[PDB]
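Drug on board: quisinostat.
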Amino acid sequence: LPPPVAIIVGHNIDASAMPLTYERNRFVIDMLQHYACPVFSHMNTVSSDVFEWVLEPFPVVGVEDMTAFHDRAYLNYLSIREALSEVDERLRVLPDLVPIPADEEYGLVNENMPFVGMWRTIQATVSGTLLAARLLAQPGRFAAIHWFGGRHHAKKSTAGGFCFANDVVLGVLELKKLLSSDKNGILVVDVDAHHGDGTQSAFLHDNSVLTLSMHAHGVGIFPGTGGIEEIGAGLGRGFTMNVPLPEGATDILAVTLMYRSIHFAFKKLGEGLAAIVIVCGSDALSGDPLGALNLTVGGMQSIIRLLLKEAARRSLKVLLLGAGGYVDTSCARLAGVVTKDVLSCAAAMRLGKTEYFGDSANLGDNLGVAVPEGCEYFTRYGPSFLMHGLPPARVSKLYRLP
Ligand SMILES: Cn1cc(CNCC2CCN(c3ncc(C(=O)NO)cn3)CC2)c2ccccc21
Ligand SMILES: [K+]
Ligand SMILES: [K+]
Ligand SMILES: [Zn+2]
């Protein structure tokens, strides 16, 4: 049997890096190596019974690996768009291309402007998430972790919210087709600060994939959808869930409501639940410039521990993806603690334990967990260098619903 956790990294961690968050993958991997992995192992020279640090081999993906969800014409356009105009010169890495009229049909405008390397970035993202799903489906595999995925806004034939191809959807479809067609129900829990509208759209009529999105909601809050009334259509009625939070919501609101929503989702799927897909965006954390919430690291950690605890107890499968997150240190902090929770969870399972998080600090009550001094980016975690440290709140904190 393989190690129960697969961590999908690759040889080039910048391959999937997006223009606005170009260094973020580096912060995240740095924190995994120094915070999450050491206690579970003895970086290509690491030995572990708990996790596998996956650098090879990433599948080569093209248009035909994305047509399971996306329109072929849209994908063909993405595949050749960088040949269709010049770099706009009127000095950021991966710079924007000159816009052309054919971009408009597909939403490849504004935040979704084409840029050099776009198709290579899309390929690396989809490749990693498809590899994660394939390794997860293997016997003995508890979890697969691809922090570089999570492009949850992309729709069948349109880009949106910095997302071109929806690897969340493609990963759901790939994992489902490799699970026993007796028991292959999927729960997708999206705790990025914005509505998971692309994933929702893909499964709106579907009663075998339950999409649950927590997000800020209100005037001026992208993408403007995801009210409580969106519950799905047709056979999918009841299998779409949204928890729209008021701008600035804190843990007491988000954690409480999500605990209730997750438990209801567990009841809705019952014994057909085979896997939980987690879309973990750190832009819901306080201090984020583009998210509009005030969750803490321990708050997000606690929501996800509920999902980990359930999949561990019932011997299910967990696919963990990233998403948004526009403070690099906050992204790495959250990825470090969530990954360590998954590792501690998987190790406890193999030892037949019933406590799953004994080897990973709960930041909700351990308020002194240090950022490891060995981190390459250690000096960026000031002024206090603790794993729960967040920037000051950008929007005022809300503890009660209006
Ligand atoms: C469709 N639509 C377009 C706008 C105007 N654009 C503003 C946004 C703000 C900035 N932006 C954006 N995208 C993705 C993320 C993310 O993390 N998604 O998980 C965050 N931020 C795109 C543009 C807008 C504002 C409110 C509601 C809907 C609206
Ligand atoms: K969300
Ligand atoms: K659904
Ligand atoms: Zn987001």
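Quick note: numbers on chain A are straight from the PDB entry, i.e. 13-54, 61-108, 136-447, in order. Side-chain atoms are counted along with the backbone in the values below, which use heavy atoms only and exclude waters and symmetry mates. All ligand and atom numbering here is 1-based and tracks the order in the structure.
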Problem set entry | Location of quisinostat | ligand 1
Exercise. Counting heavy-atom pairs under 4.5 Å, which macromolecule has the most such pairs with quisinostat (ligand 1), as named in the PDB entry?
Worked result: Histone deacetylase DAC2
Exercise. With a 4.0 Å cut-off, strictly under, does atom 10 (C) of quisinostat (ligand 1) pick up any protein heavy atom?
Worked result: no
Exercise. What is the closest protein heavy atom to atom 24 (C) of quisinostat (ligand 1), and at what distance does it sit?
Worked result: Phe267 CD1, 3.9 Å
Exercise. Nearest protein heavy-atom contact for atom 18 (N) of quisinostat (ligand 1): which residue, which atom, what distance?
Worked result: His198 NE2, 2.6 Å
Exercise. What's the shortest distance from atom 23 (C) of quisinostat (ligand 1) to any protein heavy atom, and which residue and atom give it?
Worked result: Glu156 OE1, 3.7 Å
For this session: Name the closest protein heavy atom to atom 15 (C) of quisinostat (ligand 1), giving the residue it belongs to and the distance to 0.1 Å.
Result: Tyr371 OH, 3.6 Å
Exercise. So, for atom 13 (N) of quisinostat (ligand 1), does the protein have a heavy atom nearer than 4.0 Å?
Worked result: yes
Exercise. How close does the nearest protein non-hydrogen atom get to atom 20 (C) of quisinostat (ligand 1), and which residue and atom is it?
Worked result: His239 CE1, 3.5 Å
For this session: Provide the number and element of each atom of quisinostat (ligand 1) under 4.0 Å from a heavy atom of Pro268.
Result: 27 (C), 28 (C)
Exercise. When only distance counts, is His197 in polar contact with quisinostat (ligand 1), meaning an N/O pair under 3.5 Å?
Worked result: yes
For this session: Examine the proximity of quisinostat (ligand 1) to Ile266 and report which part, side chain or backbone, both or neither, has a heavy atom under 4.0 Å away.
Result: backbone
For this session: Extract the source organism of chain A from the PDB entry.
Result: Trypanosoma cruzi
Exercise. Going by the atom numbers of quisinostat (ligand 1), which of them fall below 4.0 Å from some non-hydrogen atom of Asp328?
Worked result: 16 (C), 17 (O)
Exercise. Protein heavy atom under 4.0 angstrom of atom 29 (C) of quisinostat (ligand 1), is there one?
Worked result: yes
Exercise. With a cut-off of 4.0 Å on heavy-atom distances, which residues and nucleotides contact quisinostat (ligand 1)?
Worked result: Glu156, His197, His198, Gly206, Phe207, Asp237, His239, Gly265, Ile266, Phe267, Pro268, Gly269, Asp328, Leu335, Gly369, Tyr371
